[PDB]
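Notes on a structure featuring topiramate.
All residue numbers in this chain count up from 1 along the given sequence. Counting starts at 1 for both ligands and their atoms, in listed order. In what follows, every heavy atom counts, from backbone to side chain, and hydrogens, waters and symmetry copies are set aside.
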Amino acid sequence: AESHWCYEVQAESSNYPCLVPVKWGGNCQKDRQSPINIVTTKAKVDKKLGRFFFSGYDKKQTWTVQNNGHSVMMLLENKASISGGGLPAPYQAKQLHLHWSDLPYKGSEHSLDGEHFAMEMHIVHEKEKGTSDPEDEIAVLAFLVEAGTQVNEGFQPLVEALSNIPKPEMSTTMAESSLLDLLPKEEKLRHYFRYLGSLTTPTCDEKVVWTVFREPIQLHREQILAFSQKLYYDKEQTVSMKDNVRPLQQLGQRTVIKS
Ligand SMILES: CC1(C)O[C@@H]2[C@@H](CO[C@@]3(COS(N)(=O)=O)OC(C)(C)O[C@@H]23)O1
Ligand SMILES: [Zn+2]
C-alpha cells in the first residue's frame with residue numbers, strides 16, 4: 001500500500017494523501033465484508049437465537065478512554081463478558097468504540113431497511129476457544145443511536161471525557177459508569193439481527209460474528225454533536241472527527257438471521 005488507510009472524509013478534507021475505503025488493502029476486497037444493509041422483513045427468524053447474558057455490564061468502573069485517530073475507544077480489559085445470544089461460547093470484552101456523523105440521518109455503519117442512524121456503537125469481544133482463527137473469533141455487538149431531544153444521562157461520563165482526548169494517542173479516565181448506562185434497557189435487547197462478516201477497518205479480517213440490535217440508543221442531538229465538536233483525526237486538529245464510517249458492502253451469498 002502506497003499510503004495509510006483513511007475514511008473518505010479525511011481524503012476530502014486534507015491535502016495529505018491517504019488510502020480511501022474503496023482502495024483499502026488487506027482482506028478489505030474479499031466477499032464476506034461488513035457493514036451491510038439489513039432488510040428486516042427478509043431476515044429469517046431462528047429459534048436458537050435466545051437472550052444474551054451480560055457479565056460485568058452492570059458494575060461501575062472508571063474506564064480508560066482513548067483517541068486512536070479513527071474513533072474514541074474504551075478499554076474493557078476483559079472486565080466484562082457475554083454469553084447466550086445464539087453464540088457458541090462465552091466471549092470476553094476488549095473495547096467499545098463508536099462511528100458517527102454530524103447529521104441525524106447518517107453516522108451508522110450498518111443500515112436497517114436503508115435507514116442509517118446518527119451513530120453506531122461497537123462492543124468488541126473475543127472467543128473463548130477450546131481445543132479440537134474461526135469465522136466467529138470476534139463477536140461485535142452493534143447498537144444504533146437515534147438523535148433526539150432526550151438527554152441520555154448514562155452517556156454523560158463518556159461525553160464529558162471527550163474534551164480531554166481531542167488528538168490521537170491521547171488517553172483519559174472517565175467518571176464512574178457502567179456499560180449498561182450506555183445501552184438500551186436490557187429487556188429491549190431480545191430482538192437482534194445476526195450474520196457473519198468482517199471487521200470494518202483494515203485489514204478487514206473475516207472473523208466476526210455480528211449482532212445488530214433492533215432497539216436504538218436515544219441520545220440528544222447535542223450529545224451526538226459533542227463527538228465531532230471535541231475530537232480530531234489528527235494532532236494538527238485540521239479535520240474534526242466525524243464520518244468515521246466504512247461504506248456499505250454487498251451481502252452476496254450470505255444469510256442474515258434474527259431472534
Ligand atoms: C476505534 C476503531 C475504529 O476500532 C478499533 C480500531 C481498529 O479497527 C477495529 C474496528 O472494529 S469494528 N468496527 O470492526 O468493530 O478493529 C479492531 C482491531 C477490533 O479494533 C477496532 O479503531
Ligand atoms: Zn466499529
Checklist entry - Which ligands, or which chains, stand for topiramate? => result ligand 1
Q. Which macromolecule does topiramate make the most contacts with, named the way UniProt names it?
A. Carbonic anhydrase 4
Where does topiramate share space with the UniProt Zn(2+)-binding residues of chain A, that is, which have a heavy atom under 4.0 Å from it? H97, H99, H122
Specify the protein heavy atom at minimum distance from atom 8 (O) of topiramate: its residue, its atom name, and the distance to 0.1 Å. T201 OG1, 2.5 Å
Next item on the list: Identify, for atom 14 (O) of topiramate, the protein heavy atom at the shortest distance, and state residue, atom and that distance.
Entry: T200 N, 2.9 Å
**OP:** Using a cut-off of 4.0 Å, list the other ligands and ions near topiramate.
**Re:** ligand 2 (zinc ion)
Proximal atoms of topiramate relative to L199 (non-hydrogen, under 4.0 Å)
14 (O), 19 (C)
query = Across chain A, in which UniProt domain are most residues that contact topiramate found?
reply = Alpha-carbonic anhydrase
- Which residues overlap between the UniProt substrate-binding set of chain A and the residues with a heavy atom under 4.0 Å from topiramate? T200, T201
Among all protein non-hydrogen atoms, which one is nearest to atom 20 (O) of topiramate, and what is the separation to 0.1 Å?
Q95 NE2, 2.9 Å
According to the deposit information, what organism does chain A derive from?
Homo sapiens
- Among UniProt active-site residues of chain A, which is nearest to topiramate, and at what closest non-hydrogen distance, rounded to 1 Å? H70, 4 Å
- For topiramate, which residues make up the site at a heavy-atom cut-off of 4.0 Å? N68, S71, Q95, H97, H99, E109, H122, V124, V140, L199, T200, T201
